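The structure appears right after this line, and notes come after that.
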Amino acid sequence: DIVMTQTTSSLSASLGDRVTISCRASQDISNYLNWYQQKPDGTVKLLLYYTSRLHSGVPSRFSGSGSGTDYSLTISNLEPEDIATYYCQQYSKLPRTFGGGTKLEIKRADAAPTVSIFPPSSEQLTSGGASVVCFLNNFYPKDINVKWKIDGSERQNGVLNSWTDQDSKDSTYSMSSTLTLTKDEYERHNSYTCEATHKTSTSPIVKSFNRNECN
Amino acid sequence: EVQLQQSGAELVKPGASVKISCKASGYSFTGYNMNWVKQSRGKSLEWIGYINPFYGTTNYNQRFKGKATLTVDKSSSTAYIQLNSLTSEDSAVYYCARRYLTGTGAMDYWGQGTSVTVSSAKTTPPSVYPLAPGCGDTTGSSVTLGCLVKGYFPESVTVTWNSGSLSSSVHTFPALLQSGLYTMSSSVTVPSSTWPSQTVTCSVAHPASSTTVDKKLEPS
Amino acid sequence: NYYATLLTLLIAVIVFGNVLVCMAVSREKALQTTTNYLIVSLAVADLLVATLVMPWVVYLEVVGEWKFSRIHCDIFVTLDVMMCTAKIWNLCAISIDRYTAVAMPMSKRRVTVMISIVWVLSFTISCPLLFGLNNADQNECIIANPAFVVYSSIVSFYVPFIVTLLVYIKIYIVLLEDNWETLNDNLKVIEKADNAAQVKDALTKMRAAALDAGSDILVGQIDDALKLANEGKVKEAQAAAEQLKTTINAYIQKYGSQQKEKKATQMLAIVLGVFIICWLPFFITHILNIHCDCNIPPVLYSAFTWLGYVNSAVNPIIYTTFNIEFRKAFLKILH
Ligand SMILES: O=C(CCCN1CCC2(CC1)C(=O)NCN2c1ccccc1)c1ccc(F)cc1
């Protein structure tokens, strides 16, 4: 059981740049390594075998190198078709094992998130549930932090967080944060706050509503 | 032209078994060994094993022994993997792949994958909740409206805004498990002057429960 | 784990039996003949099978995964195919030597030639495997190419088996004291004859008696001698009768050598039969797998592989049961 390690799971690169993806074998796999590509649609493609040998039908932008336990894939210039997840696999001994995977993102200008907050619908309150929702739209990089505050105090349990993949149009990210409470707990507090820290701002971005000023 | 077409997605109750197929076209089937590989929700890959189609012989990853059963049908030139005693850890995508003869230990041609979901949840239509700007929430030039789709099963809900007319400023967020059922949300953005003067409606469509819910967003 | 020790016992039995055959022919001069030389070559082939190849096949039957290098598997599969092809071509050469001995009983250079041809052809047939043409996947060891399976079945099994069957058919095609007495009496009658009527009558009786023996050169020579007597050529008829005596003595010698060799011929025939019975299901299942797309389980493959390997141990038993000098040499070398 040779454990393969890919150093960075995510990796951002400007278009037409030199990209290098490292892959460390848990032991000397003696240059018995292959590189596969998986596109967003799940399709898997064989790119390299024997650590340096191009498969049929792959462009010369790709090149492999490495020895001992350290190996690397290299894209000379990054084209948009090359935005995918790259996996390294060792066949030095059975079982064949893979690396964790390294997914490519396009590097782009920083972008502050647009933050919107929404109280629970009446229809949900009649179910005894209460979801407060926070949309953080069109930001970059994807490194963002979201805290939920009820009457000034932070809440951890009952918070669901969903990110989108990088946008096809503006290469931004978006996320939704949902605070799910029972109606009983919801009606016992007043202020609901969605606080977002992002590199684009030194001050947190705060969006709040008071339950008693609603109709 | 080589092609490996796998069967449809599977929604199996835990404890049961399932049998995925992988039909090959474009080469001599009995020559190229057929590998089977797993990809968990965590995007990590695992070599389940391989089968020699000529002699029917198999070589397994010792981790999958007794969990997977590889078979072939030379007549239909089709590989099969059978997973028995299914648990939550078994729900993943399963790929078949062809042994690259030139490259030792490499698979050159893969299938499109087969999703397998182990769950003891019944088909449940979704609850569509409208998300309108807050109580005393001051709005700018743009206004973001939303729809929260809560408590459905199985996956593949489709959300559109104004029957598809609003597409530009739409964000659809992937669903997540919550209390054993799926939840997702969608957002759209329009100029403030256009809403609520020009209707905005979200349409959620759950084929599995044969259900569609249209919710028209209204202020307050 | 189960069959592990059992086939280890089979390997040991094969080795012992073939070493016994080799020694028995090596030291005892009653057995030192050309056909028995070919038999010893066959025994050496079976010994090489049991020693070099069968241990790794037992290893694969035990662990189920070939855990050694690709060149290792290629080399020993080459040895397997070469030794089996050598076995079947040695059987063919033995059939050819039996045909020669029975048909033309009228010398070791031919034996050396046939032995070398057998081994040269077997190595030629098995060469491609050591050159990396066997592209076996990881942790598996088979003949990984169906085309080479077909080629090996054609040149290594079907051609030698068909040729050997035809040669043994020719041998079975080859299948009277008062007649020889009558022939010799009329020969001496012609020898003491002094006219043409006596010679004509004696040659008539000789042709009548010679139908039972021939199929015929003797009958044609009697007819030629018979034309002489109508013309009254007594001296020429007597010379033809003297050459007729030569032909008759040659017939006696030939059918004596034939009666001597028939028993060893039958023993080798039953050896060939046992070989075909042992190795037939293997190729039957191979042809099924190829031209049927039959989903054949590997259990049948292993069972028929070992059914064919069992033949490597039954040849000493046949030599013991169907031969006298072989059993004597066995009992003597045992004590
Ligand atoms: O070539 C043959 C016999 C071939 C049967 N041998 C083929 C190869 C074999 C063993 C049986 C198989 O099947 N799995 C595994 N393996 C193997 C080979 C080498 C090392 C370890 C395992 C032949 C037989 C009769 C004849 F008349 C002419 C040729």
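Throughout, a chain's letter reflects where its sequence line sits, starting with A, and its residues are numbered from 1. Just so you know, these numbers use all the heavy atoms, side chains as well, and skip hydrogens, waters and symmetry mates. Both ligands and their constituent atoms are indexed starting at 1 by order of listing. Recorded method is X-ray crystallography, 3.1 Å.
From tofogliflozin, ramiprilat, dapagliflozin, spiperone, sacubitrilat, the name that belongs at ligand 1 is spiperone. Contact analysis gives the chain with most pairs under 4.5 Å to spiperone as the one UniProt calls D(2) dopamine receptor. Other chains reaching under 4.0 Å from spiperone with at least one heavy atom: C. With non-hydrogen distances under 4.0 Å, the site around spiperone consists of C:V57, C:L60, C:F76, C:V77, C:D80, C:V81, C:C84, C:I88, C:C141, C:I143, C:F157, C:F275, C:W279, C:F282, C:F283, C:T305, C:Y309.
With a heavy-atom cut-off of 4.0 Å from spiperone, the UniProt transmembrane segments of chain C in contact, counted from the N terminus, are numbers 2, 3, 5, 6, 7.
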